[PDB]
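Structure follows of rilpivirine associated with Reverse transcriptase/ribonuclease H.
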Amino acid sequence: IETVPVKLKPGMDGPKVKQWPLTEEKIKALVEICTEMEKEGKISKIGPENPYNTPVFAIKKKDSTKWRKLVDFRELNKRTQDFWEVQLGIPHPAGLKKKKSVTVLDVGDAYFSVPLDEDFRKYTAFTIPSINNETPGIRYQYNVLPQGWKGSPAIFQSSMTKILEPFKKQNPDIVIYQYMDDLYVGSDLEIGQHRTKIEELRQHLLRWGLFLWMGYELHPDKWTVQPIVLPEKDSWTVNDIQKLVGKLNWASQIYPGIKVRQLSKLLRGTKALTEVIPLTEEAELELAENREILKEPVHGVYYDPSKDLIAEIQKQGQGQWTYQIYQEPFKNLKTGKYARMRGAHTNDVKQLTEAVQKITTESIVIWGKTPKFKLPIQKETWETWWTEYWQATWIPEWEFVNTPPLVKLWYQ
Amino acid sequence: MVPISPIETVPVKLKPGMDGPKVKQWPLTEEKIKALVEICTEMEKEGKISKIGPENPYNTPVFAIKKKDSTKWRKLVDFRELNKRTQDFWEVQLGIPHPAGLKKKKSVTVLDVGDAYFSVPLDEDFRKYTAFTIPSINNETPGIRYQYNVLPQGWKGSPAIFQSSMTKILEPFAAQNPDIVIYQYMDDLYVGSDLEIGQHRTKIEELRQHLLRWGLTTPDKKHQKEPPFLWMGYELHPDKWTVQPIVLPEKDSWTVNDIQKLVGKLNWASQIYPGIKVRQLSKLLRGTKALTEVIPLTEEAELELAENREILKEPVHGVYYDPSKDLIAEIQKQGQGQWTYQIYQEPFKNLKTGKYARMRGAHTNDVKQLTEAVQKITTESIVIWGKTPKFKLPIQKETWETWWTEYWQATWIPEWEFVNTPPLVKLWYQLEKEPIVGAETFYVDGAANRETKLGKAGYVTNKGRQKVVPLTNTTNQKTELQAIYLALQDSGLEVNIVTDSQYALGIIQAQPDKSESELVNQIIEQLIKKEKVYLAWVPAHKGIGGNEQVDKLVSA
Ligand SMILES: Cc1cc(/C=C/C#N)cc(C)c1Nc1ccnc(Nc2ccc(C#N)cc2)n1
Ligand SMILES: CN1CCN(c2ccc(C(=O)O)cc2)CC1
Ligand SMILES: [Mg+2]
């Protein structure tokens, strides 16, 4: 009810980010949503003396039919002061990723109950564009904590912890973690028990209040990892052995003691690629020794919260995608694979967008932040389409990979 | 007196840390001073400026300029320094409407709002920074000091604040009259509709009545401007649009500058004249920017210019947008990385046209370029019409399916259909997924000495076929490609090739059909001729037979 003073970081001005082009349906949706928000006092029209801008668009959350406004505050978020005054920061909870079930709630609507510092409001400016620029874009700024701004959960935190204490005190084994507009609630209860607890939780927010109804269910205890595995064959061709030596050479950068000497020796001469080569005892032993090495964890892997997380993704075909999350090369913190790309059988870009959201969710649950993606797509293709398939209320950072990696072969 | 509503003031600041301008007034002739005094006396009477006391420490220089072929002088208050110190504003006009997104109108009326402009007040707290001084006759009295009360011509904030002020006033009228459109440009309002003429006139009278609420009058004698309108390089008519005349000059010789202007005109023309090309003319501007330098046109550029003259020989117009109909975009390949397109709703009635050129880079293919063009047209269409057109593309559905399913990147093109208009985009080669039984296996390698640039490239095969060629002026990367080329040259229609070159794999896995490298182009030409090619990679220096033998032969 009293505002927290907020400032940008020293020697930085506000965001001045171009609004990207919007379809007619998204413009009409945003005009209707913002008319209501203005009436409720959440946003106000602004004049030309505010030169700032942040892009806005509209999405449909997963399994929903109502448009949701999504403001892309990535630039403002980078420019906004860090928040450690009251809390040093919320040590991320390591137990969340160990829960049998985690449900994600959209609690962003709670933030609109808290006013935003009057001197900071100008930096939240956004524009609803018109088709063909025929009419001046409709200009607004926020009067209340905005969804998607990193300052919102931070300022609202005292209110949330006070709203939640009785649920926590009554259920001490539930893990509850807030990230941006999301609330992550983990338990080891039978799902039925679990959903009732979730609905119990909704009621507290509802009671305090006077898209919240939705629930994204995850099961991180079943989440899958990808160790390095070598083929088991009875007949090896020259080509098979070449592929094996290739894969082992790559793996030797991750694992110290990998050897290819004896396997390489099998191919002495200049043989047809399809010729079958019997493994010698020396080669089988070396292979066996390599297999044993690959059953052990990679050495010297640790998470440093001061460093960015990086996520790489490979298209494997037939709807399959592999990914790795690391901070230092060859020191993977997590690897994985998807094939269950939903409602996207003839659309690569929709699949990739879904993969990016899934990986980001995993990252939030495990480390409490989003990774920087290296995306296997041309910039122009990604930027034209990703917004069509986006269902999350946060947005990670990304860069583009223009040269085909050879490593794709090694995660297949 | 009929009360009028004030126009709300926009609060204005200088940039952080900056004070206002303190710039010396130049001396002026006695004649200029008398003229400026008269001009300023009238502006003062009209309320535009006010005399100020000696306390204000700010100043901006003023000049007098003679209105050509006239005995009347005009003032120029030079606000360049104040402009540097004034905050940035939101600028609404950055993106201009494209004519092809406009809707047909029966009537468009122009209303003059030049007088309304001076009912927009300048923020009281900022006025002091606009101070200026008319020097006195013979410098024998204090110069006359004034400041502005209104948006000064030439000040940074005037266009934005005028426009934003008019928009705010007009908003309720537009909202409650959805059967008209209103557009402001400079000192004019344009008001369009499809109403019968009496009703349209009624709406105009109602607009005039609305504006009087703020004491804003428009001229009774209606504007002289009527369709067609010359605007932003276009001609707008009630039911069609075009570009203003495109006139390509005749020349015996061309400079860099002439050619930049020629390409600029062709670029502007390409938004409604189908098939305009600028590649060969643009190739002439490569690397050099001495505007006076004379560049001989190549035969190819002369052909391009001739083809464009023929395209431009007579007028072409676009139609406006009917939201009730689908948009269709059709694309053709023109050659040399050039693509052209038309966007229409009814057959043979284009809304607009355009072109796309290949991006600069080492290697490319037609499918990638077609994709790029689709993404450009899509983004353009979202801006202009708010929706994606249905595409008609010169690529078979089967070709596209093969491409996207096998390509290492994610890729997508929106709803489209094949149109069988040559030249069709096709895949020129496709590498095997598995080694070929019965095909000879070529182990290739190359190396070069980094100092002498001497090198070797070659192969050994499972049949005992071998070749090593000595090369000059080469590099490790070139020799690795040379070796693959030799293997392709010397093999039958099906071939397995084993390389350790990450560089060569990286190129071939990008699936180019054309390259800036003559060698890569030769390799592509060979690949096109094969029935089956399997390309296998192995790591260098690991004892892998075949590879190890050839590596030894090429390293010396
Ligand atoms: C952008 C624009 C420039 C001018 C004028 C600029 C100038 N000078 C005039 C108007 C009224 C507009 N606004 C819109 C908006 C939607 N459809 C149209 N259609 C439309 C406009 C003019 C003519 C004609 N003749 C026909 C159709 N105009
Ligand atoms: C009637 N007008 C509108 C704006 N124009 C101006 C605005 C300001 C000044 C001035 O500062 O004196 C002159 C013309 C040109 C034509
Ligand atoms: Mg070698």
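Sequence lines set the chain letters: A, B, ... in the order given, protein chains first and strands last, and positions in each chain run from 1. Atoms within each ligand, like the ligands themselves, are counted from 1 in listed order. So how was this one determined? The header says X-ray crystallography, 1.8 Å. Hydrogens, waters and symmetry mates play no part in the numbers below; they use all other heavy atoms, side chains included.
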> Which components of the model belong to rilpivirine?
Replying inline: ligand 1
>> I'd love to know which other chains sit under 4.0 Å from rilpivirine (ligand 1), counting non-hydrogen atoms.
In response: A, B
> Which molecule name is recorded for chain A in the entry?
Replying inline: p51 RT
> Of all the heavy atoms in B:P228, does at least one lie under 4.0 Å from an atom in rilpivirine (ligand 1)?
Replying inline: no
>> Considering non-hydrogen atoms of the protein only, which is the closest contact for atom 9 (C) of rilpivirine (ligand 1), and what is the distance?
In response: B:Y190 CB, 3.6 Å
>> With heavy-atom distances below 4.0 Å as the criterion, list the atoms of rilpivirine (ligand 1) near B:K105.
In response: 17 (N), 19 (N), 20 (C), 27 (C)
>> For rilpivirine (ligand 1) and B:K103, I'd like to know whether there is a polar contact (N/O to N/O, distance under 3.5 Å).
In response: yes
> Polar-atom distance check: B:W231 versus rilpivirine (ligand 1), any N or O pair below 3.5 Å?
Replying inline: no
> Where's the contact between B:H237 and rilpivirine (ligand 1), heavy-atom distance under 4.0 Å: side chain, backbone, both or neither?
Replying inline: backbone
> If we only count N/O pairs under 3.5 Å, is B:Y185 in contact with rilpivirine (ligand 1)?
Replying inline: no
> Who's the nearest protein heavy-atom neighbour of atom 13 (N) of rilpivirine (ligand 1), and how far?
Replying inline: B:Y183 CB, 3.7 Å
> What residue and heavy atom of the protein are closest to atom 21 (C) of rilpivirine (ligand 1), and at what distance?
Replying inline: B:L102 CD1, 4.1 Å
> In the protein, what heavy atom is nearest to atom 16 (C) of rilpivirine (ligand 1), and what distance, to one decimal place, separates them?
Replying inline: A:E134 OE1, 3.6 Å
> Which is closest to atom 22 (C) of rilpivirine (ligand 1) by heavy-atom distance: B:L230, B:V108, B:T109, B:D188?
Replying inline: B:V108
> Hey, is B:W241 touching rilpivirine (ligand 1) through its side chain, its backbone, both or neither, going by heavy atoms under 4.0 Å?
Replying inline: neither
> Can you list, by chain and number, the residues with heavy atoms within 4.0 Å of rilpivirine (ligand 1)?
Replying inline: A:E134, B:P97, B:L102, B:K103, B:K105, B:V108, B:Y183, B:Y190, B:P227, B:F229, B:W231, B:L236, B:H237, B:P238, B:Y320
